[PDB]
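Record below includes ASTX029.
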Amino acid sequence: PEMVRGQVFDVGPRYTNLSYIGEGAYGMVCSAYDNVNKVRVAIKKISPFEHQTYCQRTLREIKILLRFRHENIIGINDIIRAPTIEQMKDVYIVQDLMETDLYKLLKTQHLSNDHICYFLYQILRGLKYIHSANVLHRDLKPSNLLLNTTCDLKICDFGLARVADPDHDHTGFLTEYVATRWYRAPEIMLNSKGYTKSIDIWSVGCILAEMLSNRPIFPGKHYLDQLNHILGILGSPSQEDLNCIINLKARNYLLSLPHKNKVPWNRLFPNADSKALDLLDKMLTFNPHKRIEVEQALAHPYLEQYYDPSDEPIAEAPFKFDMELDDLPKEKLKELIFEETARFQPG
Ligand SMILES: COc1cc(F)cc([C@@H](CO)NC(=O)[C@@H](C)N2Cc3ccc(-c4nc(NC5CCOCC5)ncc4Cl)cc3C2=O)c1
């Protein structure tokens, strides 16, 4: 078998001529030549089976991505693994190969207002589909936005996704949370489990702000610093918004802070299109109940050159997990991953 930077990559005979792309906690990613479709593809080698959290992420992504079909959402083309549960130590996920991601692009390139517009449109168009399936992505950030050489955009990494559950969103103050800090809505630190669609709108808001300046808008250095940064720009929440926070720890924390005025978007973003800043304000609303929804955001003046609801498709039906996954041992989750990848086996 081919080796890449001291790792077996058992993807043959279909996939050859591998090149390293990258690596992270998830595993390792290569490009490979696909000898059936005669195209280079992305292959990621995941080795999740010793970690319940890794098995959860692998299973959620696979189930979601094999169900969903949308231009602004990465597909799974193929999955390679051993013929038996006993012999299966790795899962290789084959996906369309993209040139870059928005994280890398923002560190190296100024985006024209027209690029910002088009990128935001594609993000919201993909998100409309995801929300229409009653799914929350829950980890939207530049590195989860893949781009090709013509700036077509695809959302990736559905391993933190969940079905929306607005009736069970309430929790206590500073309750611990997994998703990426600079893109976390204020309510996560105050009273929310991140089980409503407004969590994703907040993250998109953060992405938009970052496209305008090439710098994250709320770069908290650590957990409660994240809310400091948010309140530093939004200012003190209104009495009405504060009254929506019924938990006393969270309420009284907010009341203890000195009055801060709103920093106006046109001072933070002096070169930005005014319509972009109006949409930005609506996405970065403190109160998640008042926060714009994905379909309204698509209908916003800033996106008028692109808006076409007949060309912004929705999912055929809501997505459901057959069983609750968070209370399943890694051994059961491995069984479910085996089952879920069975359709790619010869036979
Ligand atoms: C601890 O964490 C874990 C544990 C797990 F058990 C499973 C996961 C899974 C599910 O949650 N998560 C991921 O796999 C995330 C983290 N990533 C990594 C990754 C690398 C490359 C590409 C990619 N990249 C390209 N092209 C690149 C772009 C940049 O520039 C260079 C070319 N094209 C096509 C593709 Cl799918 C996509 C992804 C992706 O989804 C995570």
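The residue numbers of chain A are those assigned by the PDB entry, with the residues present covering 11-357 sequentially. Ligands are counted one by one from 1 in listed order, and the atoms in each one are counted from 1 as well.
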Worksheet item: If you rank chains by contacts with ASTX029 (ligand 1), which one has the most, by name in the PDB entry?
Response: Mitogen-activated protein kinase 1
Worksheet item: Do any nitrogen or oxygen atoms of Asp167 come within less than 3.5 Å of a nitrogen or oxygen of ASTX029 (ligand 1)?
Response: yes
Worksheet item: By UniProt annotation, which domain of chain A makes up most of the contact surface with ASTX029 (ligand 1)?
Response: Protein kinase
Practice prompt. Using a strict 4.0 Å cut-off to heavy atoms of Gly169, name the atoms of ASTX029 (ligand 1) that fall inside it.
Written response: 11 (O)
Worksheet item: Which atoms from ASTX029 (ligand 1) have a heavy atom of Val39 less than 4.0 Å away?
Response: 20 (C), 21 (C)
Discussion item. Hey, quick one: what organism does the entry say chain A comes from?
Written reply: Homo sapiens
Worksheet item: Among the UniProt-annotated ATP-binding residues of chain A, which have any heavy atom closer than 4.0 Å to ASTX029 (ligand 1)?
Response: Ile31, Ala35, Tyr36, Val39, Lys54
Worksheet entry | Option nearest atom 40 (O) of ASTX029 (ligand 1) (shortest heavy-atom distance, choices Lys54, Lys114, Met108) | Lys54
Item to complete: Just need the protein heavy atom nearest to atom 19 (C) of ASTX029 (ligand 1), so name the residue and atom and give the distance.
Response: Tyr36 CZ, 4.2 Å
Discussion item. Would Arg67 count as being in polar contact with ASTX029 (ligand 1), using the rule that some N or O on each side must be under 3.5 angstrom apart?
Written reply: yes
Worksheet item: Does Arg70 have a heavy atom less than 4.0 Å from any atom of ASTX029 (ligand 1)?
Response: no
Practice prompt. Please could you name the atoms of ASTX029 (ligand 1) that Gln105 approaches to less than 4.0 Å, counting only its heavy atoms?
Written response: 36 (Cl)
Fill in: Under 4.0 Å to a heavy atom of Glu109 - the qualifying atoms of ASTX029 (ligand 1), by number
30 (O), 31 (C), 32 (C)
Item to complete: Give the closest UniProt active-site residue of chain A to ASTX029 (ligand 1) and its minimum heavy-atom distance, rounded to 1 Å.
Response: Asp149, 7 Å
Worksheet entry | Nearest non-hydrogen protein atom, atom 34 (C) of ASTX029 (ligand 1) | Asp106 O, 3.2 Å
Worksheet item: Atoms of ASTX029 (ligand 1) less than 4.0 Å from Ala35 heavy atoms?
Response: 1 (C)
Worksheet item: Which is closest to atom 6 (F) of ASTX029 (ligand 1) in terms of heavy atoms, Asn158, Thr68, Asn87?
Response: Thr68
Worksheet item: Which residue supplies the protein heavy atom nearest to atom 24 (N) of ASTX029 (ligand 1), what is that atom called, and how far is it?
Response: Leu156 CD2, 4.0 Å
Fill in: Atoms in ASTX029 (ligand 1) flagged as close to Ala52, the criterion being non-hydrogen separation under 4.0 Å
33 (N), 34 (C), 35 (C)
Worksheet entry | Residues near ASTX029 (ligand 1), heavy-atom distance under 4.0 Å | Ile31, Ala35, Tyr36, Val39, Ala52, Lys54, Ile56, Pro58, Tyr64, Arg67, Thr68, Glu71, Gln105, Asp106, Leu107, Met108, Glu109, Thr110, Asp111, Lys114, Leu156, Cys166, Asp167, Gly169
